[PDB]
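What you see of chain A is 259-601, where the numbers are those given in the PDB entry. Atoms considered below: every heavy atom in the structure, side chains included; atoms not considered: hydrogens, waters and symmetry mates. First listed ligand is number 1; within each ligand, the first listed atom is number 1. Recorded method is X-ray crystallography, 1.9 Å.
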Amino acid sequence: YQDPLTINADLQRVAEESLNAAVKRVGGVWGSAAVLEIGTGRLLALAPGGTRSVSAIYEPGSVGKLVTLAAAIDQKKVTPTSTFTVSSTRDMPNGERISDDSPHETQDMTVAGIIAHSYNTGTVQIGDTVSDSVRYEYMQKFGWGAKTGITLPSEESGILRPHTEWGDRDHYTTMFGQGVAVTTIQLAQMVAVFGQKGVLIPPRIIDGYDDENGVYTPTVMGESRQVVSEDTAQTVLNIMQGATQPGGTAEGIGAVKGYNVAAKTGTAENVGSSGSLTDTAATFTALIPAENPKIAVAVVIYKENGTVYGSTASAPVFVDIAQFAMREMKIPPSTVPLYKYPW
Ligand SMILES: CC1(C)S[C@H]([C@@H](C=O)NC(=O)[C@H](N)c2ccc(O)cc2)N[C@H]1C(=O)O
């Protein structure tokens, strides 16, 4: 007997424990977390025990900025040190007003720092350097709007409306993960690209089988794709290491002692039972150790009639999971510094 599934039992336990505790700590309704082994697509942990991580869809928020960032970089429209002006609000060519989470002093900042702070006013300028059809194409390549094809029941495909349907609001909201709906597994599969030299590897819960007596491992199916170039992947991976740097959205709370973390936070309004934007999903997508990623993690906590933030709600779950996984996988602490671009 060989265990044919990919789940790590102890990691799964840590995942469920942390997630349950955080959903309660924060007064959420539910949560989800997915842990992928980098390079293999092997699913190390999936919480909760339902098919929630596979069937629940929500607007992911600013974790979706990674797609926008990767599109602009891959199309060679901006570099990590390209500067844009950030301000409390910004009025766009099309008449839309974009605002940052909280008012702050107007300043110039690099692309790297814009992502670290997650300034929407800076992000929309990064996104405007590329057309809607191109961004939409990168969204599909990243796996949005499609089932990941994992062999579990009830997987949802999510909602990615054709860009031909995007109005003036959508043009911008889709840049920061609003006006699209994803699953937690889609989030993990997506962030893993940046630790896989731009390659998306479809997630798997079933290893092979021995096939010594009876060939039971699937013929063919699978297939990974190059979403983004190797250089684009490395660059986003470098930029993501700004998350736990001072001023980064994940500072302190997303840090895993002794390991370099690459991360993005998100906080997105979601539609409540009432039919209005009463709810929020707090998201966190991460890669660790950043210098040479071994796992990709996505966490969502959902709260009805309230605000939860990716950093304060979801990052602590990532931390508990990542801390165990590094021991469990016997990964030594980071010997190189956390990457920093000028901001
Ligand atoms: C709260 C933020 C710093 S703003 C920005 C964006 C994407 O998630 N979120 C929003 O613009 C969202 N509409 C929102 C929700 C509640 C807020 O207080 C502010 C912004 N990234 C966030 C993050 O990193 O968690």
K.L.:
Specify the drug or drug candidate modeled at ligand 1.
P.N.:
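You're looking at amoxicillin (bound form).
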K.L.:
Of all chains in the model, which has more heavy-atom pairs under 4.5 Å to amoxicillin (bound form) than the rest, named as the PDB entry has it?
P.N.:
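The largest contact partner is Penicillin-binding protein,Penicillin-binding protein.
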K.L.:
Only heavy atoms of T507, strictly under 4.0 Å: list the atoms of amoxicillin (bound form) that pass.
P.N.:
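Listed by number with element: 24 (O).
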K.L.:
Write out the residue and atom name of the closest protein heavy atom to atom 13 (N) of amoxicillin (bound form), then the distance separating them to 0.1 Å.
P.N.:
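Protein heavy atom with the smallest distance to atom 13 (N) of amoxicillin (bound form): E527 OE1, 2.8 Å.
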K.L.:
How far is atom 5 (C) of amoxicillin (bound form) from the closest protein heavy atom, and which atom is that?
P.N.:
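Protein heavy atom at minimum distance: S320 OG, 3.0 Å.
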K.L.:
Under 4.0 Å from any heavy atom of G319, which atoms of amoxicillin (bound form) are there?
P.N.:
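Within the 4.0 Å cut-off of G319, amoxicillin (bound form) contributes 8 (O).
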K.L.:
Starting from atom 11 (O) of amoxicillin (bound form), locate the nearest protein heavy atom and write down its residue, its atom name and how far away it is, to 0.1 Å.
P.N.:
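That would be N378 ND2, 2.9 Å.
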K.L.:
I need the contact type for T541 against amoxicillin (bound form). Using non-hydrogen atoms and a strict under-4.0 Å cut-off, is it side chain, backbone, both or neither?
P.N.:
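None of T541 does.
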K.L.:
Out of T431, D359, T523, whose heavy atom is nearest to atom 23 (C) of amoxicillin (bound form)?
P.N.:
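Closest candidate by heavy-atom distance is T523.
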K.L.:
Just to confirm my output: which protein heavy-atom neighbour is closest to atom 18 (O) of amoxicillin (bound form), and how far is it?
P.N.:
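Its nearest protein heavy-atom neighbour is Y567 OH, 3.3 Å.
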K.L.:
Can you sort out which atoms of amoxicillin (bound form) are near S376, meaning under 4.0 Å from one of its heavy atoms?
P.N.:
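With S376 as reference, the close atoms of amoxicillin (bound form) come out as 5 (C), 21 (N), 24 (O).
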K.L.:
Check amoxicillin (bound form) against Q436 and write out every atom of the ligand that is under 4.0 Å from a heavy-atom position of the residue.
P.N.:
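That gives atoms 12 (C), 13 (N) of amoxicillin (bound form).
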K.L.:
Give me the nearest non-hydrogen protein atom to atom 14 (C) of amoxicillin (bound form) as residue plus atom name, then the distance to 0.1 Å.
P.N.:
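The closest one turns out to be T525 O, 3.7 Å.
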K.L.:
Extract the binding site of amoxicillin (bound form): heavy atoms, cut-off 4.0 Å.
P.N.:
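The heavy-atom binding site is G319, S320, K323, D359, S376, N378, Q436, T507, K522, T523, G524, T525, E527, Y567.
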K.L.:
For amoxicillin (bound form), list every N/O pair with the protein closer than 3.5 Å, one pair per line with the distance.
P.N.:
unit_1	atom_1	unit_2	atom_2	d
amoxicillin (bound form)	8 (O)	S320	N	2.7
amoxicillin (bound form)	8 (O)	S320	OG	2.4
amoxicillin (bound form)	8 (O)	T525	N	2.9
amoxicillin (bound form)	8 (O)	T525	O	3.2
amoxicillin (bound form)	9 (N)	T525	O	3.0
amoxicillin (bound form)	11 (O)	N378	ND2	2.9
amoxicillin (bound form)	13 (N)	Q436	OE1	3.4
amoxicillin (bound form)	13 (N)	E527	OE1	2.8
amoxicillin (bound form)	13 (N)	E527	OE2	3.3
amoxicillin (bound form)	18 (O)	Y567	OH	3.3
amoxicillin (bound form)	21 (N)	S320	OG	2.8
amoxicillin (bound form)	21 (N)	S376	OG	2.9
amoxicillin (bound form)	24 (O)	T523	OG1	2.6
amoxicillin (bound form)	25 (O)	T525	OG1	2.9

